[PDB]
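In what follows, chains carry the letters A, B, and so on, assigned in the order in which the sequence lines appear, proteins first and then strands, with residues in each chain numbered from 1. Atoms within each ligand, like the ligands themselves, are counted from 1 in listed order. Only heavy atoms go into these numbers, but all of them, side chains included; no hydrogens, no water, no symmetry mates.
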Amino acid sequence: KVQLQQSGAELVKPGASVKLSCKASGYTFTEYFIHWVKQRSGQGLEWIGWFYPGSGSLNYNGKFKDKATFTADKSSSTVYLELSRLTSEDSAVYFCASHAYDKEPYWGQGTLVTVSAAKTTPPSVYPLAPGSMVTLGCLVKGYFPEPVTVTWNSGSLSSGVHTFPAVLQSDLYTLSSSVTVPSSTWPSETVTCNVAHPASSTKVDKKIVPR
Amino acid sequence: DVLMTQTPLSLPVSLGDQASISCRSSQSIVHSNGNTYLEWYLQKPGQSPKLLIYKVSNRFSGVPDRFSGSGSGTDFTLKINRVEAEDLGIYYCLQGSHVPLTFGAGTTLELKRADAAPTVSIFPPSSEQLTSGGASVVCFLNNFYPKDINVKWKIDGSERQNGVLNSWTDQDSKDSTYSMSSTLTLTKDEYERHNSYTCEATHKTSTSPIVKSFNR
Ligand SMILES: CCCCC[C@H](O)/C=C/[C@H]1[C@H](O)CC(=O)[C@@H]1CCCCCCC(=O)O
């Protein structure tokens, strides 16, 4: 079976370079084309170029000519995409795809590239209390890297919960989570947001109390 | 470069519906070898794109027969015969005949439901955050439909644009609505020199914005 195994997520310092890999199996390595595709968060797909490791032939999208470099290690059935001098615009998922001439392509699962100078940082968690239903929340601010896991009441409160995708600002992530409960249950009963951050091995609670 | 124009941008459907998506190229995408390299992909959030159709009309192995592709020259169509839940996501066409290879901008297949106005809630900075010398004001615009929405911030009746960050959820698995968060972040110093904070939600359900405010 044709399979492409891409390297793990990368955290890259601004200005630095990074080399992603794509290891192929299930076919004669030197006889398929490899393409690379970029996708920024919430945006579409963009073709970077093609590479034929069996001859070293290649072609770049002009948009990437000064940014991308394709190479291969035939001895390990691996192709590489090196990205130079990273900026925020280079933060994206990068996919590799392989195909024989005139045949259907097979896609890898993608490698996430995140550009930031931050070190591992646990989130600060702040309560969002209002000044028949009531909406509460918590603000999860200044953490790195992704992901965090947000729950409410240790997971027992799962209906009416919206946890929003994080946004990177000043090299750190911020997200919010809202929960909606009957007014008859808060503040008369306890509502607590729990935030786990695997990278820092932390988990903190924040009880929502009326101001 | 060859421009791939996908229509519609968004297609609301009910499960069981017929669906049809169009992809037009700016020039012929018949390759010099005689073949036409036109592919269709479906992508879900957090996943790689999955091949549905290649060379215009050929189904990739394992793809349900409810998917079919057709077309010639510059004019291509993907059809779904009775939409299932797992078909919801973003569809892309790709031409592979002329370098640089190019994708369409995508067509989102989403579940149709009744139009719904957002539930809007505003929150002042926590005392905890202020102690740290920061001040974020948060607005939740929850459970609305359709997904298009605009938010505007006002400080003391004046429009504020800098320091605003927004985030959007995917379509809800339970009620098929969308939600949005908007956060205005100031320094504590600047926050305490103003009094009134306002977020205004404009959605197709009404020509008048939904206005939530608080006063320090
Ligand atoms: C993300 C891209 C996936 C591949 C898309 C498509 O399936 C590939 C089409 C190939 C086709 O198999 C032969 C061909 O000419 C297309 C373009 C890529 C290969 C180019 C090598 C030789 C040349 O420059 O003509």
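- Sitting at ligand 1 is the drug prostaglandin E1.
- By contact count, the main macromolecule holding prostaglandin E1 here is known in the PDB entry as mAb Fab H fragment.
- Other chains having non-hydrogen atoms less than 4.0 Å from prostaglandin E1: A, B.
- Applying the 4.0 Å criterion to heavy atoms of A/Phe33 picks out, from prostaglandin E1, the atoms 19 (C), 21 (C).
- At the top of the distance list for atom 18 (C) of prostaglandin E1, counting protein heavy atoms only, stands A/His35 CE1, 3.9 Å.
- For prostaglandin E1, the atoms sitting less than 4.0 Å from at least one non-hydrogen atom of A/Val37 are 1 (C), numbered in the order shown with element in parentheses.
- For atom 8 (C) of prostaglandin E1, the closest heavy atom belonging to the protein is A/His99 NE2, 3.6 Å.
- The molecule name assigned to chain B in this entry is mAb Fab L fragment.
- Close contacts between prostaglandin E1 and B/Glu39 involve ligand atoms 5 (C), 6 (C), 7 (O) [criterion: under 4.0 Å to a heavy atom].
- Nearest to atom 16 (C) of prostaglandin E1 among the protein's heavy atoms is B/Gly96 O, 3.1 Å.
- Of all atoms in prostaglandin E1, listed by their number and element, those nearer than 4.0 Å to a heavy atom of A/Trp107 are 1 (C).
- There is no protein heavy atom less than 4.0 angstrom from atom 23 (C) of prostaglandin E1.
- For prostaglandin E1, one of its N or O atoms has an N or O atom of A/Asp102 under 3.5 Å away.
- Near B/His31, with a cut-off below 4.0 Å to any heavy atom, the atoms of prostaglandin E1 are 15 (O).
- Closest to atom 3 (C) of prostaglandin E1 among all protein heavy atoms lies A/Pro105 CB, 4.0 Å.
- For prostaglandin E1, the polar-atom distance check against A/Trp50 finds no nitrogen or oxygen pair separated by under 3.5 Å.
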Distances only, to 0.1 Å: what are the N or O pairs between prostaglandin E1 and the protein that fall under 3.5 Å?
| unit_1 | atom_1 | unit_2 | atom_2 | d |
| --- | --- | --- | --- | --- |
| prostaglandin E1 | 7 (O) | B/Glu39 | OE2 | 2.5 |
| prostaglandin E1 | 12 (O) | A/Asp102 | N | 2.8 |
| prostaglandin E1 | 15 (O) | B/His31 | NE2 | 3.2 |

